[PDB]
**Student:** 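First the structure, which I've put down as structure tokens, then a few questions once you've had a look.
Residue numbers start at 1 and run along the sequence shown. When a ligand or atom number is given, it counts from 1 through the structure's own listing order.
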Amino acid sequence: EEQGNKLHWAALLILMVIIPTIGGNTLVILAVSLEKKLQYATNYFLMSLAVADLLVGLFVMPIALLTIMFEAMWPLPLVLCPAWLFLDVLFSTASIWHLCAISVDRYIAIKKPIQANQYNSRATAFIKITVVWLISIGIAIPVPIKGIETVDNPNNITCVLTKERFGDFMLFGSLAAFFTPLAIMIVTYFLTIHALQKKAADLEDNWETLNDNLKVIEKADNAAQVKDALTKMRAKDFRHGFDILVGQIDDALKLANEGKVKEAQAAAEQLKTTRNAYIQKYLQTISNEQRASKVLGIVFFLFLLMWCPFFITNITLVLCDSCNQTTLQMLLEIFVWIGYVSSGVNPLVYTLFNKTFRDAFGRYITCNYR
Ligand SMILES: CN1C[C@H](C(=O)N[C@]2(C)O[C@@]3(O)[C@@H]4CCCN4C(=O)[C@H](Cc4ccccc4)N3C2=O)C=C2c3cccc4[nH]cc(c34)C[C@H]21
Ligand SMILES: CC(C)CCC[C@@H](C)[C@H]1CC[C@H]2[C@@H]3CC=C4C[C@@H](O)CC[C@]4(C)[C@H]3CC[C@]12C
Ligand SMILES: CCCCCCCC/C=C\CCCCCCCC(=O)OC[C@H](O)CO
Ligand SMILES: CCCCCCCC/C=C\CCCCCCCC(=O)O
């Protein structure tokens, strides 16, 4: 009885994990770098996430792949062991916290439509990116500092974190790298649902007010009613609609003061084609916001879902004393790769819902770059 040979698994992983990861993230980086249209603040998150996922595919996965074909033994120099473990925890944690930063960033966009200057957005973006990387470095730093337990005649050292030396880090590190942002994203999810629901209402409320007052105006016999039902209505591109409407209200009110109801009611008629222009525009944005938020929700949920097996089994392998550790480890060795896949192809799947990105990709796969 023997372990056997796992060459076919290695081949499989090279085919359906590493290549997808590298190719996908490369495409995203190329897209953002080449396309002028795509060079705005919020896409710099994506580029930062892409690099993180790209580096996992270049430096982390192939070593993880080596360790699979040479047992617990560590063929590389010992010094590269804590380094590989550092980069692994670093990049993996970064990809998760990146999605949390995007989630919250997108919520604030919906809630606070104003204050969206690109000039500020770029700086603010960079700051956020840097914070995410700082949080990642923070979470990953215990590994190299603690070091690995160290030889007789040869070196029989296995490159792995032990439950005796890193049980806490595994527990609190898991809490820090996965469950915290998960909670944050859940809260953000519900805040976003509430935000949109709230947004939809106020619009219908103002529609109602306008319609009601216009109804009052169009049936008015005297001037007092017209003048009365006009002040109630009086309550860069954003302020333009305000100036226009308020201007028209004042124009009609100026006629109402004159006592020319026939003129005012006619001026009020023009307000219909005016409200229909801004209500139909404002009511259109929330639709896109809703569709977008739904897509991001599903996609991000799938990402989070594919990481559960690892961190849950991780904490269980630490806490559960009665559980069979052999099977738990055997499971972990798979769940690690399921996680690698998750983070590996995430940015691509996400950006594939954008026509610009998607077209760019289509042009890049045929090797045009023009
Ligand atoms: C994907 N990556 C995997 C990586 C890892 O397990 N690397 C080793 C080398 O591989 C193991 O899984 C092997 C395979 C099967 C048996 N193994 C183990 O038992 C122990 C896990 C363990 C240690 C102590 C106690 C319980 C379990 N392994 C290891 O140390 C650690 C990560 C991590 C740990 C803590 C916080 C984190 N945030 C992000 C991450 C991360 C990224 C995340
Ligand atoms: C695993 C080892 C043996 C080989 C792995 C090589 C990988 C990195 C190769 C295989 C297929 C290659 C991709 C094939 C096609 C494209 C589209 C092109 O417009 C830019 C690069 C890109 C995205 C390549 C990036 C590198 C790539 C993903
Ligand atoms: C084993 C020791 C660990 C390291 C082993 C590495 C093995 C990687 C194998 C193939 C490299 C292929 C290189 C492909 C790099 C693509 C980067 C790319 O071109 O994207 C940059 C961007 O497009 C520009 O703006
Ligand atoms: C994009 C499609 C995703 C590709 C699927 C890749 C998922 C990886 C699956 C399992 C890898 C197994 C590696 C561990 C070796 C032992 C395998 C075993 O005993 O079953």
**Student:** Just trying to sort out this structure - which chain has the greatest number of contacts to ligand 1, name per UniProt?
**Tutor:**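 Main binding partner here: 5-hydroxytryptamine receptor 2B.
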**Student:** Can you tell me what they call the drug at ligand 1?
**Tutor:**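 Found there: ergotamine.
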**Student:** Among the UniProt-annotated ergotamine-binding residues of chain A, which have any heavy atom closer than 4.0 Å to ergotamine?
**Tutor:**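 Among the UniProt binders, by heavy-atom distance, it comes to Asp88, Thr93, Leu161.
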**Student:** Restricting to heavy atoms under 4.0 Å from ergotamine, which transmembrane segments of chain A are involved, by UniProt's count from the N terminus?
**Tutor:**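 UniProt transmembrane segments 3, 5, 6, 7 have a non-hydrogen atom under 4.0 Å.
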**Student:** Working on a figure here: which residues of other chains come under 4.0 Å of ergotamine (heavy-atom distance)?
**Tutor:**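 By heavy-atom distance, that gives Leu85, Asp88, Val89, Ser92, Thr93, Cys159, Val160, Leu161, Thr162, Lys163, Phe169, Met170, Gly173, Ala177, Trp307, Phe310, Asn314, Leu317, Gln329, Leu332, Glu333, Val336, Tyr340.
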